[PDB]
Every structure is written in C-alpha cells, then in structure tokens.
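Here is the structure we will look at, set down as structure tokens.
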4 protein chains.
Amino acid sequence: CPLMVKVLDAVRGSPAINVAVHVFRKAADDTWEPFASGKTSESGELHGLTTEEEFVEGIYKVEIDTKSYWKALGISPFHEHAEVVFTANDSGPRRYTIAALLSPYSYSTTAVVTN
Amino acid sequence: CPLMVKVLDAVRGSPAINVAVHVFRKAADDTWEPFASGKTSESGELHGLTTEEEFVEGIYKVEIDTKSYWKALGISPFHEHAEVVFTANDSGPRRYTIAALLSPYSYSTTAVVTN
Amino acid sequence: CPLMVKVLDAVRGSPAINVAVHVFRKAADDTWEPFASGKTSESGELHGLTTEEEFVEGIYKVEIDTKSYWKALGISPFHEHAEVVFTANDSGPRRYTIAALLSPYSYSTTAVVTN
Amino acid sequence: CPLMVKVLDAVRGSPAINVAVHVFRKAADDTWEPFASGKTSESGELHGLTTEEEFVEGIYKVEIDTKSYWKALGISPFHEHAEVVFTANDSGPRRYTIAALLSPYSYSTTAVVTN
Ligand SMILES: Oc1c(Cl)cc(Cl)cc1Sc1cc(Cl)cc(Cl)c1O
Ligand SMILES: [Ca+2]
Ligand SMILES: [Ca+2]
Ligand SMILES: [Ca+2]
Ligand SMILES: [Ca+2]
C-alpha cells in the first residue's frame, strides 16, 4: 500500500469517518488528471487507493473533502478542502502516509515517507 | 486590508521571510485566474494584496511557495506548495487573515476572520 | 516586550479573547513559581507580561487556561490547559512570541524568536 | 491498551523513534505522582504503558521528552518537552491515543478518545 490517507477530527477527538479523498496526478500537458479516489473508513483511514505498479513517479495532488465532512455534521467550515501536493517516487518507490487533522477554521497536514 | 497572509517557520522559530504568495479567484469556467500576489516581509506578513472594492464574494486560492522557501534555506521539503482554498462570504464587515505554520514535511493553516 | 503570548481559536476562526495565561519560572528547588499573568485581549494577544530587566535566562512555563475558554463558549474540551515549557537563552537581542492555536481536542504551539 | 502515544517528526517526515514519555497522575495531595513511562518504538508508537485496572479516573499528565529527541539528532530545540494534561475516564473507561507532531520550534498534540 504505497499511498494511504488518515484524517482526524480535532473538535470531537475522533477519526474523521466517510471523508471523500480525490487523488490527481499532473499529466504531460500540465493538467491534473484523476488518479484514484476513496473515502475514509470508521478508523479514519483510506487504504487501497493505488498499487505499486500504478503509483509511478509524478506530481500528485491529494484533495481531502473537508467541507462536505463539516457540512454533514451541520457545521459551516472555512476551507473548501485540504490539498496536499507533492512529488512522489523521485528517488525510487516510497510509501506515503498523508495525515490531516481537521478543525472548522484550520487544518494540519503531515507526511510520513518510508522506504 | 480585507486579506492578509502570515507565514511562520517552525524549524527556525522565525517569520518566513521572502515567501512568494499567489492568490487566485475561481472563474466561471472553474479555472483559477490570478488575483493578487506578493512576497512576505521581514515580519512574515503580506499586506496590501487587494482592496475592499475588488475582493468580492467567491472562491479564492492562496498558493504559498513553500518549496522555494525551504530550498533557499538548504532544507529538503516534501510539498510543492501549500494551497489554502476558501469561500469569501459577505456577512457584515469581515477581514481575512490566512496564517500558515511551515515545517519541511508538515504545515498547518488557520483563518482568522474578524469584524 | 521580551515575552508576548498570542492565542487563536480554530473552531470559530477568531482570536481567543479573555483567555487566562499564567507564566512561571523554574526555581532552584525545581518548583514552579509565579512570574507573570494576564488575560488575552480582543486581538488574542497578551502584552506587558514582563520587562527585559526581570526576564532573565531560565526555564519558563506558560500555562494557558484552555479548559475555561472552551467552557465559556459552551464547547466540551479535552485538555485541562496547554503548557508551553522552554528555556530562555541570552544570545544577542531576543524577543519571544509564544503562539497557540486551539481546538477542543488538539492544540498547536510555536515560538517566534526575533532580534 | 487504554493509553497509547504516537510521535511524528515533521522535519524528516518519519516516526519519532526512541522518544521518552513519562506519565503522571495527580495525587490526593495535588502533586504529580509517577504513573508509567516508556519510549516510542521504530513506528513512533508507545504501547503497554498501563492496563484497564491501573488506569483509573484521574487527572493525567503525559510528558514527551522532545528536547532529548532533538538533541540526539544534533538539533537545539525550543521546548523542554511537550505536555498533555487531561481528565481521564470521568464518564467511564475510554481508550486514549495522544499524538504529537514535532518540529524544533513547534509541536501539535491531538487526542483520539474511543469507547
Ligand atoms: O494522523 C496523525 C496526525 Cl494528524 C498526527 C500525528 Cl502526530 C499522528 C497521526 S497518525 C499517523 C500519521 C501519519 Cl502521517 C503516519 C502514521 Cl504511521 C500515523 O500513525
Ligand atoms: Ca527520478
Ligand atoms: Ca452570501
Ligand atoms: Ca546561555
Ligand atoms: Ca466520574
């Protein structure tokens, strides 16, 4: 599992469940092509987005749909989404965990990269 | 000053100086068109981006060039940039401050919206 | 102003106003003795805590009463308070800003140390 | 496992390994009595601090030795440690995960509380 996403809710102190996540990869013409998508589980984790074969070098964008998450909880948040944009696999295959910690007017994102 | 940006460096414990910031407004065809830009000052702040007359309701993207900032310090970064996307909504007088706290493999962003 | 404290609210996207802050200095017997205190202003800032003459090298603790802040807003918090513990070191002119970004089940703190 | 601690390094994008963690519980005389301690593994996780029987109601303090972590990496950090202070189990037993994200001049902490 080369790309995993974890989302936590800083208001409730819980995993953020059922958060939609869309991954894009920059194409040769510099547009964002759709790459993979999914939603977080009851643990706040999203596994199975991609495979070692599919997850080639490139510039990837992970768009976490934080607005829909907050709206479903009856909350009007500030951001449209949380975006993480990074170059992947430039020195060979790595495993990436993108973590996001959500508040209505704030978010933090961190990456854990392992070989 | 309806829109201000502040950037902090969590490695050195200092304002993030000379960071390029580009602001875009979402156009009717869903593209991002340039709206305002600048570089943070010695205090890590970027003032004078826009005026009340031109800062209308809409979806805005603030792109902070974190990768170039880290490279100028000789520090290896993860992200290509930090992207903060939000809707500006007229509800009485409102000033927007977008703050970003930068680390090489993590960033936090928050919005301070005051009257 | 050698020591300033700033507190932000990540749920409401606002300065955290009227937050009690107590500063302690570590004494020779390893106990924490009161040094300075106050409440954040309408801008979320607490100025005038100490003077350059009295703010000597040492270990300091900044206790932010986050629990009372959240209770006054009717929001259920996790932490009893936020504690920021650091050594002040004389190395040329130095001003210390301790910033805290508050959510009910999370907080971030950073130090901005300038000349 | 009712109390677990996870620590990540925001400079390297990795688990923070071999971080010492000391847990205290407030005694009847209002002093901090030692409760449990350990160090993070290669995954940045610390398991086995306590048991369901031992982890009674009370006010607990989790002190994460961030200064030693940074010093071992040849880095001079700002904070002495990262402290998390919270009331536990007041509405019955819960499971607590305390996560900490570390930078030399900044840290974030979050709690995930499950039933
Ligand atoms: O989701 C997390 C956040 Cl927001 C902060 C911290 Cl200090 C830990 C976690 S869990 C987690 C996050 C990442 Cl990037 C990698 C792994 Cl292996 C985790 O367990
Ligand atoms: Ca390559
Ligand atoms: Ca409107
Ligand atoms: Ca000294
Ligand atoms: Ca009870």
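Chain letters run A, B, ... following the sequence lines, proteins first and then strands; every chain starts at 1. For ligands, and for the atoms within them, numbers begin at 1 and follow the listed sequence. In what follows, every heavy atom counts, from backbone to side chain, and hydrogens, waters and symmetry copies are set aside.
The name recorded for the drug at ligand 1 is bithionol.
Of all chains here, the one making more contacts with bithionol than any other appears in the PDB entry as Transthyretin. Lab note: other chains with heavy atoms under 4.0 Å from bithionol -> A, D. Other ligands and ions with any atom nearer than 4.0 Å to bithionol: none. Close approach of bithionol to A:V112 is summarised as follows: ligand atoms under 4.0 Å from at least one heavy atom of the residue are 13 (C), 14 (Cl), 15 (C).
Less than 4.0 angstrom separates some heavy atom of D:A99 from each of these atoms of bithionol: 6 (C), 7 (Cl), 8 (C). Taking all heavy atoms of A:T114, D:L101, D:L8 into account, the minimum distance to atom 8 (C) of bithionol is reached by D:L8. Counted by heavy atoms under 4.0 Å from bithionol, the UniProt L-thyroxine-binding residues of chain A that qualify: A:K6. Any N or O atom pair closer than 3.5 Å counts here, and A:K6 shares at least one such pair with bithionol. In D:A100, the part holding a heavy atom less than 4.0 Å from any atom of bithionol is the backbone. The A:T97 neighbourhood of bithionol comprises atoms 13 (C), 14 (Cl), 15 (C), with distances under 4.0 Å to a heavy atom of that residue. Applying a cut-off of 4.0 Å to heavy atoms, one finds the binding site of bithionol to be A:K6, A:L8, A:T97, A:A99, A:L101, A:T110, A:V112, D:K6, D:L8, D:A99, D:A100, D:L101.
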